[PDB]
Peer 1: 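Just downloaded a structure that has iniparib in it.
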Amino acid sequence: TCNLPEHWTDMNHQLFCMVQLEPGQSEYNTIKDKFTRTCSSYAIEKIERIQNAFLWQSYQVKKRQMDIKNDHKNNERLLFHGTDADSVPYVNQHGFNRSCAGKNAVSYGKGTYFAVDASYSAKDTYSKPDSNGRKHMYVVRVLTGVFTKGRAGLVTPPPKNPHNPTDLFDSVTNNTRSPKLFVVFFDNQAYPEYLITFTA
Amino acid sequence: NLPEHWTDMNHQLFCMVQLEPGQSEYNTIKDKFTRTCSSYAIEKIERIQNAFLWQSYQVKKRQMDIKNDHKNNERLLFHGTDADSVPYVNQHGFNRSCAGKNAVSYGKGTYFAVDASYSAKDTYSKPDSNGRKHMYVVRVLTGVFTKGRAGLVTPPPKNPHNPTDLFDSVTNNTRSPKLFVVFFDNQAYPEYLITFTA
Ligand SMILES: NC(=O)c1ccc(I)c([N+](=O)[O-])c1
């Protein structure tokens, strides 16, 4: 699938690959710094770039649509998502699925949740340590677009005007002034870009 | 890249286009509907021109055609809905998070019927206060399918030792499918809206 970004490595005609990043090169350093800004006490085992051509293609289609609809290109944020080891193969291949969100982690709506700070996704309740103590967190491109405060029980973002109920916000947050989380409610509004495997 | 049979929308992104009973386009839909719904009468048939939904759906179709190594992945199916959901569906498609539970559930997704008679039941195409019932004709990427189960949140894996390689959809019966369930956004494009009455 097309418009692959220039920093991906050649995939030998594969449509999906996980590429372990070389420590000390610019790309690895950039992601490490984002994580260590709030997670300096954790130890990074490796960082992998997710090269999922089909997921990227569908995400970029949604990004172009949101850029057109909102009349600007300020629609993407880089956020974090902690998950358990058993969900990692699914996310790598299929992205994030609101139908899989826990349960008790839905306080601002029934969508997929993304943290501004890696430290929040680093909680064991999200990046559940596996049998060997390894924890997993994604660095995610998220199409947050135009957002509003969320609330429990939402299944889609609220409309921007209750008298035009189909023109929706793009995401919801806990606090519009100083957001710490964003929730998106549609597939392919979030692209898992890097996987960080780390320990306490 | 919008289809050439669509009306020129003057850079608008969404339009409903009323079809004329003369046309082959109208007649094929009427015939597909009447094959199992001879007791009902069509008020109108509208072509749904939704640029963004079409783009995302066509991307998914190309991906599924590549993955399955054939082009037998799409079926034209029916979906009855209440009038209050029509504005949302026209704009945003079918949302599994909004779907009612089916009387026989083969999974938690959006349901599409082979026969218009199924979608024509008042349980799905609920009559509005003016007696109007609403049924979509939908391009659905059914792909490779298996018999569903009520607990499904996505289609099951084809192979339990490769849990991420999924069937594309599920059905009530693989020998004689009458319903298909899909579990992802942009796997179904609402192409026509039939408004009909008893
Ligand atoms: N999976 C996560 O990183 C995650 C789950 C729930 C929440 I409420 C948050 N959060 O950043 O607020 C993150």
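Simply put, chain letters go A, B, ... down the sequence lines. We number chain A the way the PDB entry does; in order, the residues shown are 479-678. The numbering of chain B matches the PDB entry: 481-678, in order. Both ligands and their constituent atoms are indexed starting at 1 by order of listing.
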Peer 1: Could you tell me the main partner of iniparib here, using whatever name UniProt has for it?
Peer 2: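 The main partner is Protein mono-ADP-ribosyltransferase PARP15.
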Peer 1: Counting only non-hydrogen atoms strictly under 4.0 Å, which other chains reach iniparib?
Peer 2: A
Peer 1: Got the closest protein heavy atom to atom 11 (O) of iniparib, with its distance?
Peer 2: A:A593 CB, 2.8 Å
Peer 1: Considering heavy atoms of the protein only, find what lies nearest to atom 9 (C) of iniparib and give residue, atom and distance to 0.1 Å.
Peer 2: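 Result for atom 9 (C) of iniparib: A:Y598 CE2, 3.4 Å.
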Peer 1: Write down the UniProt domain of chain A that holds the majority of residues in contact with iniparib.
Peer 2: PARP catalytic
Peer 1: Among protein heavy atoms, which lies nearest atom 1 (N) of iniparib, and at what distance?
Peer 2: A:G560 O, 2.8 Å
Peer 1: Counting non-hydrogen protein atoms only, what is the nearest one to atom 8 (I) of iniparib? Give residue, atom name and distance.
Peer 2: A:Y591 CD2, 3.6 Å
Peer 1: Mind pulling out the residues near iniparib? I'm using a 4.0 Å cut-off on non-hydrogen atoms.
Peer 2: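 Counting heavy atoms, it is made of A:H559, A:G560, A:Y591, A:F592, A:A593, A:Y598, A:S599, A:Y604, A:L659.
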